[PDB]
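Heads up, this one has TAS-120 (bound form) in it.
Sequence positions for chain A are given in the PDB entry numbering; the residues included correspond to 467-580, 595-657, 663-764, in order. Atoms within a ligand are numbered from 1 in the order they appear, just like the ligands themselves. So how was this one determined? The header says X-ray crystallography, 2.2 Å.
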Amino acid sequence: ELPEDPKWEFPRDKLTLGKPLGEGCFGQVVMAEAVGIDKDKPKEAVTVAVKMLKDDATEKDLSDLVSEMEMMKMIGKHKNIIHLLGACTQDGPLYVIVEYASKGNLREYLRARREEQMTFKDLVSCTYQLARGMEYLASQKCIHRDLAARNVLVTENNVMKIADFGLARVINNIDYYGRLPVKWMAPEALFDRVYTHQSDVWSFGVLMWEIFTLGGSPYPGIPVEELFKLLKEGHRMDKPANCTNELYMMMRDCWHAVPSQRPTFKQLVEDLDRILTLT
Ligand SMILES: */C=C\C(=O)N1CC[C@H](n2nc(C#Cc3cc(OC)cc(OC)c3)c3c(N)ncnc32)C1
């Protein structure tokens, strides 16, 4: 039973479901046409993406879907986060309607350009955009907890959009006290079972590595089983080849063992701004 939310509710007869978009990254998402969802163009049929439950969905899946939609209402609108457009919550299956990103997730996008070839400027721009996204998320008192290139969507205009809020939480001003991907987790998350914005900053470092390796798998050659021990010993990833010394030092800063010694997203945005405008 779902309470009605009139300002977000979209009519079912104005939604036409189409091609499935894949299953392993954001749950079951389907391409769709939504008539008059864009109020700037009230006549226009708009291409959208729709998240829904699969026939084999669990109670947790239903719970998570509702929760994720509510999260999207709380965080609000920002250029570098995926936009909620509407929802069908009454008299039928739960459909959550989000912005359509024609170029897929960042990991596949970058791997595919290992056919518009990535310049150095592009990789920095990509990095800036995501930092801006995270600066906003953190400013809304939201921790993401699953920041990876697989969870980033790319629009037609190559706009980076942070997505997948399945593990995202709204916290207070104090630390949030194993469903997180290990190779992306901060030590304090892995060992101490706490999460702050500075844990997201760690993850951002791993994302940075992903971007500059054009969609590489982190800690290459190293199984997840063995990463527990190596983190305790203070292992850090080597420098990517497409990466300047400057940008790798930013990477390494994000991978400081002491969370409060890592930069904030605000600082990351300022530094990347500088780097971007010079090159
Ligand atoms: C790992 C590959 C994979 O599964 N995909 C590649 C790109 C495909 N795709 N997913 C989305 C999405 C989404 C989405 C839905 C939400 O509903 C609550 C919430 C999100 O973050 C909060 C993200 C997608 C979109 N939106 N456009 C184009 N392709 C898309 C799946």
For this session: Tell me which chain touches TAS-120 (bound form) most, using the name in the PDB entry.
Result: Fibroblast growth factor receptor 2
Problem set entry | Any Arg630 heavy atom less than 4.0 Å from TAS-120 (bound form) | no
Problem set entry | Contact (N/O only, under 3.5 Å) between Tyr566 and TAS-120 (bound form) | no
Exercise. Which UniProt domain of chain A lines most of the contact region for TAS-120 (bound form)?
Worked result: Protein kinase
Problem set entry | Minimum heavy-atom distance, TAS-120 (bound form) to UniProt active-site residues of chain A | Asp626, 10 Å
Problem set entry | Deposit source organism, chain A | Homo sapiens
Problem set entry | UniProt ATP-binding residues of chain A, heavy atom under 4.0 Å from TAS-120 (bound form) | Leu487, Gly488, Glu489, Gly490, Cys491, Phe492, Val495, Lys517, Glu565, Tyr566, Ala567, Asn571
Exercise. Looking at the deposited structure, to which atom of which residue is there a covalent bond from TAS-120 (bound form)?
Worked result: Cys491 SG
Exercise. Between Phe645 and TAS-120 (bound form), does any nitrogen or oxygen pair lie at a separation below 3.5 Å?
Worked result: no
Exercise. Quick one: does TAS-120 (bound form) sit under 4.0 Å from the side chain of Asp644, the backbone, both or neither, non-hydrogen atoms only?
Worked result: backbone
Exercise. Strictly under 4.0 Å, does any heavy atom of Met538 approach an atom of TAS-120 (bound form)?
Worked result: yes
For this session: State the binding site of TAS-120 (bound form) (non-hydrogen atoms, cut-off 4.0 Å).
Result: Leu487, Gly488, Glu489, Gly490, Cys491, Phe492, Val495, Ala515, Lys517, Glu534, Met538, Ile548, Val562, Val564, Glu565, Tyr566, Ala567, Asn571, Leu633, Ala643, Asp644, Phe645
